[PDB]
Each structure stands twice: as structure tokens, then as C-alpha cells.
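Opening remarks: the structure here includes cobicistat.
Chain letters run A, B, ... following the sequence lines, proteins first, then strands; residues in each count from 1. Only heavy atoms go into these numbers, but all of them, side chains included; no hydrogens, no water, no symmetry mates. Numbering of ligands and ligand atoms starts at 1, following listing order.
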Protein chains: 2
Amino acid sequence: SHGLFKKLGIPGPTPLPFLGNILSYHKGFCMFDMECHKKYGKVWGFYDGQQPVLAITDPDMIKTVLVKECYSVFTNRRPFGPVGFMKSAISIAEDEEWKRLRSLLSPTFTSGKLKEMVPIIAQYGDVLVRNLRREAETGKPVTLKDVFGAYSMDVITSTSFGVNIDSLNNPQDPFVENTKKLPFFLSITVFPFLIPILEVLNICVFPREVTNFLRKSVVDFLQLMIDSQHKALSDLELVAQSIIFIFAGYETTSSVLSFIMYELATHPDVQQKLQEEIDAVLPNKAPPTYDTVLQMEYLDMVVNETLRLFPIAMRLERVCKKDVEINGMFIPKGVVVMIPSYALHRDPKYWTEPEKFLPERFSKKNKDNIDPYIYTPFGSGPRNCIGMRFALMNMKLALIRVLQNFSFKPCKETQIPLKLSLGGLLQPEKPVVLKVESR
Amino acid sequence: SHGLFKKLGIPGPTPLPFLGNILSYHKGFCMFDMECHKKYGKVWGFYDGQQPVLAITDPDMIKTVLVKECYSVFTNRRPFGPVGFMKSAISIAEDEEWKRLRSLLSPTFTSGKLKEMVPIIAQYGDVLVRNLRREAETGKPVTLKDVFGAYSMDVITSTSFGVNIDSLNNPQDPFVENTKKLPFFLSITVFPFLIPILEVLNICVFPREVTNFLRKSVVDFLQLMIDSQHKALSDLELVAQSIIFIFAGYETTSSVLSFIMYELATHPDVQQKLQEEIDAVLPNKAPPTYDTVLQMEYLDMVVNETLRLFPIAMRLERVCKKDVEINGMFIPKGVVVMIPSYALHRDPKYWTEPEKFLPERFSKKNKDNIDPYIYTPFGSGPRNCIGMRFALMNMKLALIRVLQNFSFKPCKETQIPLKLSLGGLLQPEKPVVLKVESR
Ligand SMILES: CC(C)c1nc(CN(C)C(=O)N[C@@H](CCN2CCOCC2)C(=O)N[C@H](CC[C@H](Cc2ccccc2)NC(=O)OCc2cncs2)Cc2ccccc2)cs1
Ligand SMILES: CC(C)c1nc(CN(C)C(=O)N[C@@H](CCN2CCOCC2)C(=O)N[C@H](CC[C@H](Cc2ccccc2)NC(=O)OCc2cncs2)Cc2ccccc2)cs1
Ligand code: HEM
Ligand code: HEM
């Protein structure tokens with residue numbers, strides 16, 4: 001298959017037998033995407049082992065793939081190794097199975113249901129401040145990843161199961177043992193023929209401890225999914241969607257929050273301007289609500305600029321169902337089409353000083369000079385992030401309460417400039433540690 | 001997956017882990033189909049390893065699968081182990097790739113093109129008689145499988161490539177060496193996860209000698225396929241369809257002819273009545289033509305009754321693309337639906353004395369008391385045997401010339417009653433040997 005892109009006339013790095021271009025991932029596939037963008041242009045191809053992958057950076061062509069030709073050609077993502085029963089998760093399901101799960105789960109992420117989840121998940125803001133109050137009296141740096149990981153865990157557990165744990169001060173609740181389990185993954189691309197082997201060996205990507213407990217354990221997601229019971233639902237599928245929410249509500253929410261605090265501490269001018277906006281909207285540590293969170297323009301600008309610098313999905317991907325000719329280029333069946341979000345967010349073409357953290361990019365004035373198909377932190381089209389608004393509301397409620405009571409400064413232990421780990425996840429190379437003061 | 005049919009309420013034999021019901025194939029899957037039909041009824045399910053297979057015998061439900069719901073749900077067959085480039089063969093291709101190959105190849109099997117192929121393939125009838133004249137003067141039994149295999153090989157080679165070999169008296173032509181290559185196949189069902197392994201090991205089901213020669217070697221099929229050059233064609237695909245024709249034109253044609261002669265020798269009353277019909281239509285060894293072959297009613301009755309007793313495909317199969325409820329029964333996605341042709345052809349319900357060779361079943365009178373979805377020797381629907389009329393014309397031209405000059409009687413070496421081999425192909429357990437006289 002290594003002669004497909006040279007047959008179609010698409011430029012790209014020459015692949016090695018069996019491996020393809022995977023050795024070029026040694027610097028991280030984000031840097032690989034940037035270098036390929038810099039020397040090839042709007043379109044290039046490469047091989048994850050034997051799998052051809054076509055990268056596209058044209059906004060019109062990206063809209064055609066993510067939106068216009070979604071249900072017909074670009075419906076599904078590229079599958080991974082052993083999935084087990086998680087094949088019924090919405091982010092993994094395909095074609096009409098995904099369409100069914102999308103319809104059953106879409107009302108669960110309504111603005112109305114989100115407005116009902118605000119008074120519940122705000123109670124853990126009072127918990128996060130106290131969990132941050134005690135660790136701030138030490139006078140020594142704090143690992144936000146844990147204090148945020150605790151808060152984020154408290155949210156998914158409460159607004160999906162009513163399990164009101166204090167995850168930090170309770171490493172004992174039966175709903176914290178299993179959640180605690182949320183080199184190999186690269187041997188899948190050289191050996192894609194091994195996936196059917198692991199699907200009969202039942203080696204899932206998780207321990208047997210996790211899924212067996214949640215299967216029995218099976219306003220909140222669990223209710224609203226049982227409330228709305230292609231049209232049909234099942235028992236094991238209910239656990240699959242629950243697992244998909246927990247990883248998202250934990251790893252993504254806490255990672256972005258840690259990224260935001262690093263930018264707020266290393267840019268204290270932005271931090272005060274945010275604290276002053278929060279004070280003018282919520283006088284003297286006033287409790288935030290749904291209606292008042294949407295009122296903070298500069299808070300929305302800070303979150304958007306962090307997600308530009310650190311788009312935790314890095315890439316969007318779709319599998320070509322059939323043959324197609326999109327915006328003047330032929331794409332054969334089986335090719336994975338990929339949108340390099342990280343590279344596009346840092347493209348010197350569309351961005352002035354892309355490496356700079358400049359929240360004013362997303363002010364009401366310039367926000368219009370932003371192509372929604374270059375800046376895609378939540379994807380786009382019928383299969384974008386279904387929990388975008390919940391994620392934005394969750395992180396902002398955390399930032400308001402944390403900044404209403406505390407200020408954040410760097411340390412000798414803080415990694416400046418921050419470097420990104422060269423793994424499969426977009427996260428800091430070393431944990432973000434910051435000096436925490438109070439007011 | 002072994003709990004699917006008991007969940008849907010469908011009866012069937014209890015499967016063993018890993019194996020499913022494959023041990024029940026020890027008596028041949030034809031007998032397994034008959035026994036399951038006798039004790040379960042219209043519908044039953046079983047497992048080829050982990051693969052659920054649903055058998056159906058209702059004519060209305062069979063028409064729904066083979067015809068009415070073909071393009072939407074039941075488009076493709078059940079794939080096998082390593083296919084290599086043969087995935088582009090029409091009998092193996094899927095969905096829109098098959099639809100494209102079906103359109104490009106359908107005019108090649110037109111009655112008009114067949115009428116043009118008659119004067120060419122009839123010249124080998126003059127060759128078959130001479131190849132049967134010399135072996136008949138021995139006074140010792142003959143193996144029709146070889147004399148027919150020679151004739152059949154001469155036909156595909158001439159009416160697809162103009163390669164006018166005398167395959168019997170020329171084991172030297174470069175077009176006979178490769179064609180000569182036309183336990184393991186059961187290890188595929190217990191280990192379906194090994195197919196992706198063999199697709200990268202490139203171990204095809206053929207030697208490397210065969211495909212490499214035909215790829216370079218690449219009225220007749222080759223012309224008409226290049227003449228008509230989704231709409232597009234390719235080089236390696238041209239060889240794939242050529243290989244699919246050669247196996248069909250050889251193994252099926254000679255096997256049925258051997259089955260016909262066994263029935264004609266063991267029923268000499270049918271043999272004389274056929275010889276008298278041929279004489280009244282073609283006076284004194286007259287040369288047969290297209291228009292005069294269709295004029296022999298009793299010849300058509302003999303061929304149809306042999307194909308009833310020995311339907312060489314044995315089973316028709318379709319893969320369920322989605323979920324469906326057909327003629328009052330729900331079929332989930334992934335289930336292979338199977339029509340047991342051999343069992344239905346010998347069902348005491350629709351057939352009086354099914355084990356008897358009675359050509360009068362297909363007389364113009366009773367031919368109407370025959371459900372076309374119980375008697376399916378060439379399948380039915382958009383994916384039936386595309387070469388049905390060529391196969392019927394080819395075998396009949398062989399029978400006319402062979403019976404215009406010879407008569408056939410059994411021997412001490414003849415296996416009476418004939419037993420079928422318990423392999424994967426429908427062929428005699430031991431070769432059909434018959435005494436050959438002349439006139
Ligand atoms: C190694 C390198 C060459 C890479 N190869 C890729 C290919 N590649 C885009 C993925 O498929 N990588 C997977 C991660 C696992 N590997 C490793 C790389 O090879 C095989 C696939 C990925 O993470 N994909 C998700 C699938 C589900 C994941 C994690 C998970 C797994 C099992 C059970 C539960 C969760 N997350 C998830 O449940 O979504 C929640 C979120 C919502 N919002 C942000 S996350 C599909 C997905 C879903 C949403 C957003 C993005 C992606 C990348 S780097
Ligand atoms: C062992 C037992 C449990 C069985 N499991 C099946 C499943 N099963 C219905 C098939 O798929 N078995 C294959 C035979 C190979 N195995 C063995 C069983 O497991 C895996 C599949 C079969 O023969 N299928 C054909 C595929 C192509 C074949 C032979 C061939 C293979 C490679 C290159 C070229 C030819 N023939 C063919 O090219 O067609 C020409 C004809 C036209 N007219 C009569 S033949 C699909 C097909 C096409 C036409 C008619 C019927 C079927 C059965 S018994
Ligand atoms: C900062 C937080 C988050 C970010 C940046 C993010 C980003 C993304 C992105 C880029 C995609 C892929 C969109 C595409 O391929 O077009 C995605 C998919 C998805 N996300 Fe998120 N996500 C976040 C949090 C969440 C949360 C909290 C949930 C649920 C509680 C969630 C649920 C999903 C699901 C289910 C999908 C797959 C949708 C489908 O396949 O139909 N995500 N997310
Ligand atoms: C006595 C001779 C033959 C018999 C009994 C026979 C029987 C069959 C049967 C039962 C099928 C499956 C139909 C279905 O699944 O609905 C089939 C398919 C097929 N046959 Fe034949 N066949 C014969 C000879 C031939 C010949 C001579 C050719 C070509 C030269 C041929 C080409 C094909 C093809 C291409 C298919 C697959 C069609 C598709 O998938 O679109 N067959 N045959």
C-alpha cells in the first residue's frame with residue numbers, strides 16, 4: 001500500500017517497509033505534523049504502518065469532510081486495538097450504530113440539562129477551594145493536576161451517578177477504587193493484524209477490575225440515559241457510555257485546567273484582569289450560576305486561547321467509506337483523512353505569533369478573524385464533541401471559585417517554558433507546579 | 001456470541017466453545033443441513049466457530065433475502081481466509097465494488113455473445129469425440145472427469161483468450177502449466193483472527209507460479225472485458241475475473257458432466273430417449289447450433305434433474321449488513337444467512353422420491369409445480385450465477401456430440417450407488433468410471 005500517495009501524486013515522507021513513517025513520531029506526532037505542514041503544503045500523505053493517512057489543511061476541504069460529507073463518506077473514526085464491549089461506546093461506534101447512540105445521548109447534553117447540573121457541580125467548587133486552602137498554607141508548590149483531578153472526579157461522579165464523594169479526602173469510597181484505573185499502543189500500528197487476536201483473547205485496554213464493578217454498579221447522565229429508554233437501549237451499552245464520560249470529564253477537564261493555570265501564573269497581567277472581571281460580575285466571592293458564567297467575556301477568551309495552544313485531541317480523523325473527489329482531489333476508499341489541529345492552531349499563516357499566549361485573539365472584535373475550520377478544539381460537524389458545553393461550563397466554574405479566593409505564581413520547580421510530553425496524550429512533560437497565595 | 005440464537009429463540013444444536021458446531025461436519029455439511037432441517041423446521045441457527053449462521057428454508061423468506069433485500073441488507077457473501085488481490089474478483093467483491101464489476105461483466109454473458117461463442121466452442125466437441133474415440137477402443141473403463149476436464153479446459157481457454165490448445169494431447173502449452181493448479185481450509189473458521197495475518201504474509205490460496213504468469217499473459221471474455229473499457233477498470237482486476245472464470249468453466253462444468261453421465265449410464269432408458277431426441281433434432285450426427293440446442297426439451301430436463309441431485313454450490317449465503325425483520329423474524333447485523341440448497345433439493349416435502357433420478361419432474365407439465373426458491377442451482381437475485389446460460393450451453397454441446405457417437409454403460413469399477421465426498425467440494429467420493437461404446 002506504500003505506493004498509493006506516489007500514484008495519486010500526493011507529496012509526503014518516504015515510508016519504511018512495515019513501519020511506514022512511525023519512526024518520525026520520535027519527536028512527537030505534533031512536531032511531525034508541523035514539519036510536514038511546513039515543507040509539503042495544504043495536503044500530504046503518510047503511512048501508519050500499512051495504513052495510508054492523508055492530512056488536509058484547507059478550510060473548505062476540512063468543512064467538506066467534517067460537515068458536508070459526514071454521513072455519506074466520512075462517518076467513522078480510525079479504530080484502535082482490542083476494544084471489547086467498548087465498541088458500543090459512542091466515540092467508537094460506527095455508521096448507524098453511532099447515529100442511534102448520538103440521538104439517544106444528544107438531549108443529555110442540552111443547555112437545559114446543563115443549567116440543572118450547575119447548582120450540583122458548584123458545590124464541589126466549595127470543596128475544591130478547601131482542598132486548595134489547606135495545601136496553600138504549606139508555602140510550598142502545589143500540583144494542580146491532583147487538586148483539579150480530584151475536583152473533576154467529584155463532578156462526573158455527582159452529575160452522572162449522584163455519588164457525592166470527596167475524592168481527595170476519601171480514597172476509600174467504592175466509586176474511587178475503580179475510577180483510579182483511568183509502549184504497547186504503538187505495537188498496534190505495525191501489527192494491525194493482531195487486533196482480531198486480542199479480541200478473542202479478551203485482553204481489553206483496561207483491567208478486569210474496572211468494567212466488572214461498573215457493570216454491577218449499573219440530575220445526572222445515568223438517569224437521563226435511562227429516562228430516554230434503531231430506537232432501543234441496552235445494559236452493557238449503558239456502562240460503555242458511562243466509561244466514555246468518566247475519562248473525558250476527568251482527564252480532559254483537569255489537563256486543560258492545569259494548562260490554564262500555567263498560563264495565568266506565567267501571565268499575571270491576564271490573571272488580575274480575569275480576577276477583576278470575576279469580581280465585577282460576582283461581588284466579593286459571590287456564588288457563580290449558569291446565567292452569570294456566560295456573562296464573563298474575558299474568562300471565555302482565556303479558555304479559548306489555552307485550547308488553541310493545547311488542543312488535547314491534537315488530530316481529528318475520519319475513515320473514507322467510499323471513493324470521493326473532495327474540493328478538487330480524489331480520495332480512495334480506506335484512506336484515513338486527518339486534520340492536524342495542533343499544527344493548524346500554531347500555523348504562522350493564520351496566527352500572529354502563534355507561540356504567544358494572547359487572550360485578546362478571541363475578543364468580540366478579532367474573534368471574527370478566526371476560521372472555525374482552522375480552530376477546532378472540539379471538532380466540527382455531526383460528530384463533534386457532544387460534551388463541549390458541559391466541559392466549558394465545568395472548567396469555568398472551577399476557575400471562578402479558585403480565582404475568587406487564590407492567586408497563582410510560578411516557582412523554582414515550575415517548568416518555564418512548558419514542554420509537552422512526547423507520548424500519545426497532550427499533557428505537560430512534567431507536572432505543573434505553582435505557588436498558591438490567598439486573598 | 002454463542003448465546004445469540006438462544007436469546008432470539010431460534011432452535012439449533014448446542015455449540016462447543018471455540019469450535020461451535022464444526023465437529024458436526026464430520027458427516028459432511030450437506031448431511032448436517034438435512035438433519036438440522038429434519039428436526040428443527042423452517043429456521044435454525046448454528047456457529048461456524050464464533051460466527052453465527054442462520055439457515056432459512058421458507059420460499060417467501062428466501063426470496064426476501066436473495067432478491068427483495070439484496071442491495072440494502074444482503075449484498076455480500078461470507079469472506080474466506082487470505083484472498084490477496086482476488087478480493088477484486090466479482091464473486092468475492094463487496095457492496096459498490098461488486099456493483100461496478102457486475103455492470104462491467106454483465107454484457108459479457110449476454111445471449112448474443114453466447115450465440116457468437118457457440119461456433120467456436122463447438123470445434124472442441126469434434127476434439128472431445130476423438131479424445132473419447134481412442135480411449136473407448138481399449139474395452140476398459142474411462143474416467144470422464146479427465147476427458148471432460150480436458151474439454152472444459154479447451155473451452156475457457158478458447159472463448160476467453162483464443163488459446164486453442166488440445167489440453168489432453170498437449171501437456172506442453174504454456175497455458176496448460178499454470179491452469180494445472182486450479183485440512184487447511186477448516187482451520188480458518190476456528191481461527192478467523194488469522195486471516196489478517198495471512199494477508200500480510202501474502203500467503204495466497206494459490207502458488208506464486210499461477211498468478212504471476214496470468215498477470216503477464218494479461219469472441220472471448222478477455223476481449224469483451226477490454227472492449228467495455230464507479231465506471232473504470234484496471235489491470236490486476238482483469239486477471240482476477242479471468243481466474244474466477246477458469247475455475248468455474250473447468251471444475252463446475254466437468255463435475256456436472258460427470259454427474260450427468262453417471263445418471264445416463266445407470267438409467268439407460270433416459271439415455272436412449274435423449275439419444276433419440278438428439279437424432280430427431282440433428283439427423284445423423286448433425287452439428288449442433290445455438291438455436292437447435294434450445295430446441296431439445298428432454299436434454300434440458302436431464303440437466304435440470306442432475307443439478308437438483310447435485311447442486312455443486314450446496315449452500316447460498318449472504319451477510320447481514322444491518323438489522324432487519326424479514327417475513328416475521330428479526331435478523332441482527334453480522335449474522336450469515338444461509339440457504340441449504342442441497343437439503344432443499346432433497347426435501348421430501350417438495351419432492352416425490354427425492355433420491356430418485358426422474359427427468360420427468362421438469363417436463364413442461366410438472367415444471368410449474370417447482371418453486372424457484374426451493375430449486376436454486378444457480379442462485380437467484382441480483383447476485384445469482386452470471387454464467388448460468390454459458391454453463392448450460394457449454395455442457396449441452398458436450399452431451400450432444402458425446403451421445404451422437406457413443407453410448408455409456410456401468411462397470412465393475414463403477415460406484416453404484418454413487419457416494420459424495422465429505423470435503424468442501426461437491427464431487428464423487430471416487431471418480432466416475434463407465435464403459436464407453438460407439439455407434
Ligand atoms: C500512538 C500515535 C501513533 C497515535 N494514534 C492515534 C489514533 N487516534 C486518533 C486514536 O483513536 N487514539 C485513541 C487512544 C488509543 N489509541 C492509541 C493510538 O493507536 C490506537 C488508538 C483515542 O484517544 N481515541 C478515542 C478512543 C477512546 C479514547 C480513550 C478510551 C479508550 C477506551 C475506553 C474509553 C476511553 N477517548 C475517549 O473515550 O473520548 C472521551 C473524550 C471526549 N473529549 C476528549 S476525550 C476516540 C476519541 C474520542 C473523543 C475525542 C478524540 C478521540 C492518536 S495518537
Ligand atoms: C469448509 C466448510 C465449513 C465450508 N465453508 C463454506 C463457506 N463458503 C460458502 C465459501 O465461501 N467457500 C469457498 C471455498 C473456500 N472456502 C472454504 C470454506 O471456508 C472458507 C472459504 C467458495 O467456493 N466460495 C466462492 C469463492 C471463490 C471460489 C473458489 C476460488 C477461490 C479463490 C480464487 C478463485 C476461486 N469459487 C469461485 O471462484 O466461483 C466460481 C463459480 C461459479 N459457479 C460455481 S463456482 C464464492 C462463490 C462463487 C460462486 C459460487 C459459489 C461461491 C463452504 S463449505
Ligand atoms: C476540554 C474538554 C474537552 C475537549 C477539548 C474535547 C474535545 C473533543 C474533540 C476534538 C472531539 C472530536 C470531534 C471530532 O472528531 O470532530 C471530541 C469528541 C467527543 N467528546 Fe469531547 N472534549 C472534551 C470533553 C468532553 C466531555 C466532558 C465529554 C462528555 C462528558 C466528551 C464527550 C465526547 C464524545 C462522546 C465525543 C465523540 C462524539 C461522537 O463520536 O459522536 N468530551 N471531544
Ligand atoms: C454447472 C455450472 C455452474 C453452476 C451450477 C453455478 C452455480 C452458481 C451459484 C449457485 C452461484 C451463487 C448464486 C448466489 O449466491 O445467489 C454462482 C455464482 C457465480 N457464478 Fe456460477 N455456476 C456454474 C458455472 C459458472 C461459470 C461457467 C461461470 C463463468 C464463466 C460462473 C460464474 C459465476 C460468478 C461470477 C458468480 C458470482 C456472481 C456475483 O457474485 O455477482 N459460474 N454460480
Help me out: which ligand numbers or chain letters belong to cobicistat?
ligands 1 and 2
By the naming in UniProt, what macromolecule does cobicistat (ligand 1) touch most in this deposit?
Cytochrome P450 3A4
Give the letters of all other chains that come under 4.0 Å from cobicistat (ligand 1) at a heavy atom.
A
With a non-hydrogen cut-off of 4.0 Å, what is the binding site of cobicistat (ligand 1)?
A:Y25, A:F29, A:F80, A:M86, A:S91, A:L186, A:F206, A:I244, A:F247, A:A248, A:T252, A:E317
Quick one: nearest non-hydrogen protein atom to atom 2 (C) of cobicistat (ligand 1), plus distance?
A:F29 CE2, 3.8 Å
For atom 9 (C) of cobicistat (ligand 1), what's the nearest protein heavy atom and its distance?
A:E317 OE1, 3.6 Å
To which protein heavy atom is atom 15 (C) of cobicistat (ligand 1) closest, and what is the distance rounded to 0.1 Å?
A:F80 CB, 4.7 Å
Quiz question for you: does at least one protein heavy atom lie closer than 4.0 Å to atom 51 (C) of cobicistat (ligand 1)?
no
For atom 30 (C) of cobicistat (ligand 1), decide whether some protein heavy-atom distance is shorter than 4.0 Å.
no
Covalent attachment site for cobicistat (ligand 1):
none
Among all the protein's heavy atoms, is there at least one whose distance to atom 12 (N) of cobicistat (ligand 1) comes out below 4.0 Å?
no
Tell me the protein heavy atom at minimum distance from atom 42 (C) of cobicistat (ligand 1), and give that distance in Å.
A:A248 CB, 3.5 Å
Would you mind checking which non-hydrogen protein atom is closest to atom 35 (C) of cobicistat (ligand 1), with the distance to 0.1 Å?
A:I244 CD1, 3.9 Å
Considering only non-hydrogen protein atoms, determine which one is nearest to atom 19 (O) of cobicistat (ligand 1) and report residue, atom name and distance to 0.1 Å.
A:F185 O, 4.1 Å
Can you confirm whether something in the protein, heavy atoms only, sits under 4.0 Å from atom 22 (C) of cobicistat (ligand 1)?
no
Which organism did the depositors list for chain A in the deposit?
Homo sapiens
Identify, for atom 1 (C) of cobicistat (ligand 1), the protein heavy atom at the shortest distance, and state residue, atom and that distance.
A:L186 CD2, 3.8 Å
I need the nearest protein heavy-atom contact for atom 10 (C) of cobicistat (ligand 1): residue, atom name and distance, please.
A:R78 O, 5.0 Å
Identify which residues UniProt lists as binding heme in chain A have a non-hydrogen atom closer than 4.0 Å to cobicistat (ligand 1).
none
